[PDB]
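Structure containing chloroquine.
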Amino acid sequence: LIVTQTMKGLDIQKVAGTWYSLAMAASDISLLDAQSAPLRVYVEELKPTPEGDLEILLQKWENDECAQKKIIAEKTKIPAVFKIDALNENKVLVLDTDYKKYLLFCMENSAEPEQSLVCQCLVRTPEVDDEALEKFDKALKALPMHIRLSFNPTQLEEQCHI
Ligand SMILES: CCN(CC)CCC[C@H](C)Nc1ccnc2cc(Cl)ccc12
């Protein structure tokens, strides 16, 4: 109930494949600040599953290392919102993609918006897409984002973005 966009027409099985965490943004700063901040996470691939769910694969800096985590995201009635497991009843919100170049999704927590919402601009290939960043950047004024991070193709090709 803060993210007012969500895409009508989501063919999930078309989001499959790899992506790079190019850009990402959040509501308060403590959440992404340092490499080891909680929602500092790097999406590496989308396996849409047969049930219609989506397995998410992502690296994250924690105990000194770049650590994989598998996150599975369960269907809901809305095609574009999926519920994730961990520490509250969750949403992954998919905002916009063309399937083939970029993909915009946020990640909130129904218990605590202005403190949980984190958003990401994903891309299919390790290069900056201005127009994706365009579309990312223009979708988060309706949102109270307070930190923005951008990464460059080299950091995209490395573990945990350096
Ligand atoms: C905004 C997402 N939402 C739950 C998925 C926030 C509630 C807290 C739980 C720990 N969220 C998480 C679920 C799964 N992995 C996580 C890795 C990190 Cl650093 C932080 C939160 C995570």
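By the PDB entry numbering, chain A shows 1-162, in order. No hydrogens, no waters, no symmetry mates; every other heavy atom, side chains included, goes into these values. For ligands, and for the atoms within them, numbers begin at 1 and follow the listed sequence.
In the deposited model, the macromolecule with the most close contacts to chloroquine is named by the PDB entry as Major allergen beta-lactoglobulin.
With a non-hydrogen cut-off of 4.0 Å, the residues around chloroquine amount to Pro38, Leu39, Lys60, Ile84, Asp85, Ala86, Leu87, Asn88, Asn90, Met107, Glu108, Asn109, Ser116. Short contacts between chloroquine and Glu108, defined as distances under 4.0 Å to a heavy atom of the residue, involve ligand atoms 1 (C), 2 (C), 3 (N).
Atoms of chloroquine lying under 4.0 Å from any heavy atom of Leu39, numbered from 1 in the order shown and given with element: 19 (Cl), 20 (C), 21 (C). Structurally, no covalent attachment point of chloroquine is modeled. Remark: chloroquine and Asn88 share no N or O pair separated by less than 3.5 Å (distance only, no angle test).
The single protein non-hydrogen atom nearest to atom 4 (C) of chloroquine is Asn90 OD1, 2.5 Å, given as residue, atom name and distance. Remark: minimum distance from atom 19 (Cl) of chloroquine to any protein heavy atom is reached at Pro38 O, 2.7 Å. Closest to atom 15 (N) of chloroquine among all protein heavy atoms lies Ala86 CB, 4.4 Å. For atom 2 (C) of chloroquine, a protein heavy-atom neighbour is found at a distance under 4.0 Å.
In summary, the atoms of chloroquine found under 4.0 Å from a heavy atom of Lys60, numbered by their order in the structure, are 19 (Cl). If you check which protein heavy atom lies closest to atom 9 (C) of chloroquine, you get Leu87 CB, 3.3 Å. Remark: chloroquine and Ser116 share no N or O pair separated by less than 3.5 Å (distance only, no angle test).
Note that atom 13 (C) of chloroquine has protein non-hydrogen atoms nearby, at separations under 4.0 angstrom. Within the listing of chloroquine, atoms 5 (C) sit less than 4.0 angstrom from a heavy atom of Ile84. The single protein non-hydrogen atom nearest to atom 7 (C) of chloroquine is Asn109 OD1, 2.7 Å, given as residue, atom name and distance.
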Contact table chloroquine N or O to protein N or O, d under 3.5 Å:
residue, atom, partner, partner atom, Å
chloroquine, 3 (N), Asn90, OD1, 2.7
chloroquine, 3 (N), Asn109, OD1, 3.2

